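Heads up, this one has ceftriaxone in it.
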Amino acid sequence: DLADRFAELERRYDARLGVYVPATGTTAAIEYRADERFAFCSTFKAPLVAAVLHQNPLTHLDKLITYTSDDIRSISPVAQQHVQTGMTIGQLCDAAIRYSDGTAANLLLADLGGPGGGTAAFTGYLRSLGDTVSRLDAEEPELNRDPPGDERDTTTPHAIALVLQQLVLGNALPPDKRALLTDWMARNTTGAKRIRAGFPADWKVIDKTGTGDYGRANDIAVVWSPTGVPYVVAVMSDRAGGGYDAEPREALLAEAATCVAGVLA
Ligand SMILES: CO/N=C(\C(=O)N[C@@H]1C(=O)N2C(C(=O)O)=C(CSc3nc(=O)c(=O)[nH]n3C)CS[C@H]12)c1csc(N)n1
């Protein structure tokens, strides 16, 4: 009945819903439109932070990066206060994940591929995880403005949920580096009304949101249950048929998260 419930969500919210839950030894593969392309939006900041962690030692997180206020071309709540202080790489990893700081990710792309090779290097790191489907072609602010049907700056629920299963549950990131990535998204202050809102209180949730034009609202997440069985949940949606200013529906992802909680009892 999962398909009949997920299509009702699309009928009631006027949007396209895509979900993917990787199979386990116990659970099966919960998939709805999981192989169609949705915009990354801010969801790419979580594997971009891990890209900085893999390519650099822990001593690199304390490197002072000096940016200007003219480098602030995107919604960047944390980089707005440290215009003259600069910020260490570990602090921009905190901003790009916990607060989805746009300027953080932009200079995070610079530290990875240089002034003009950041998006290609972030895409190459996803290839190193086995993800040959996702692609990042624009930086902030343009990666959230691509027209519907455009393949640029897109991933799939299947692709990004597989990637996060290697980031949080896999052995792509070493223990100590994995511990700070798991701590960063578990401190996130952007996804309270999304996947968290769909799973009960004694279920542990760690997530990274994404929101953009054409009613885009995403939230990639790994959920933990009271017994401890881990699950990766990827809820991506958009409301293309409403214009660039179509309002995203945060209750949509919560409802989809309630449905995947009902099959994970
Ligand atoms: C050019 O960039 N345009 C953006 C944009 O910066 N997108 C990013 C993205 O995915 N972001 C996220 C997030 O973490 O998910 C969000 C959504 S989370 C959120 N935080 C708050 O503090 C709050 O009061 N309300 N909400 C909803 C902010 S924008 C950034 C945008 C956002 S909505 C829209 N029409 N455009």
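We're numbering straight along the sequence, starting at 1. Side-chain atoms are counted along with the backbone in the values below, which use heavy atoms only and exclude waters and symmetry mates. Order of appearance sets the numbers: ligands from 1, and atoms from 1 within every ligand.
Most heavy-atom contacts to ceftriaxone: the chain the PDB entry names Beta-lactamase. Put simply, atom 15 (O) of ceftriaxone has protein non-hydrogen atoms near it, under 4.0 Å away.
Considering both main-chain and side-chain atoms, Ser100 comes within under 3.5 Å of ceftriaxone through a nitrogen or oxygen pair. Checking the UniProt active-site residues of chain A against ceftriaxone, the nearest by heavy atoms (to 1 Å) is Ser42, 2 Å. At a 4.0 Å heavy-atom cut-off, ceftriaxone touches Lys208 through the side chain alone. At least one heavy atom of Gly210 sits closer than 4.0 Å to an atom of ceftriaxone. Looking at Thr209 against ceftriaxone, both its backbone and its side chain come within 4.0 Å, counting heavy atoms. Of the protein's heavy atoms, none falls inside 4.0 Å of atom 21 (C) of ceftriaxone. Residue contacts with ceftriaxone: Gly102 is excluded, as none of its non-hydrogen atoms falls under 4.0 Å. Any N or O atom pair closer than 3.5 Å counts here, and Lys45 shares no such pair with ceftriaxone. Both criteria (UniProt substrate-binding in chain A; heavy atom under 4.0 Å from ceftriaxone) are met by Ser100, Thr209, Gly210, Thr211.
In this structure, atom 24 (O) of ceftriaxone is not in close contact with the protein, since no protein heavy atom lies within 4.0 Å of it. Numbered from 1 in the order shown, with element, the atoms of ceftriaxone that lie under 4.0 Å from a heavy atom of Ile75 read 2 (O), 3 (N), 4 (C), 5 (C), 6 (O).
In terms of polar-atom proximity, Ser42 is counted as a contact of ceftriaxone, with an N or O under 3.5 Å from an N or O of the ligand.
Heavy atoms within 4.0 Å of ceftriaxone belong to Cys41, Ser42, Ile75, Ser100, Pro141, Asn144, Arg145, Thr190, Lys208, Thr209, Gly210, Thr211, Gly212, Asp213.
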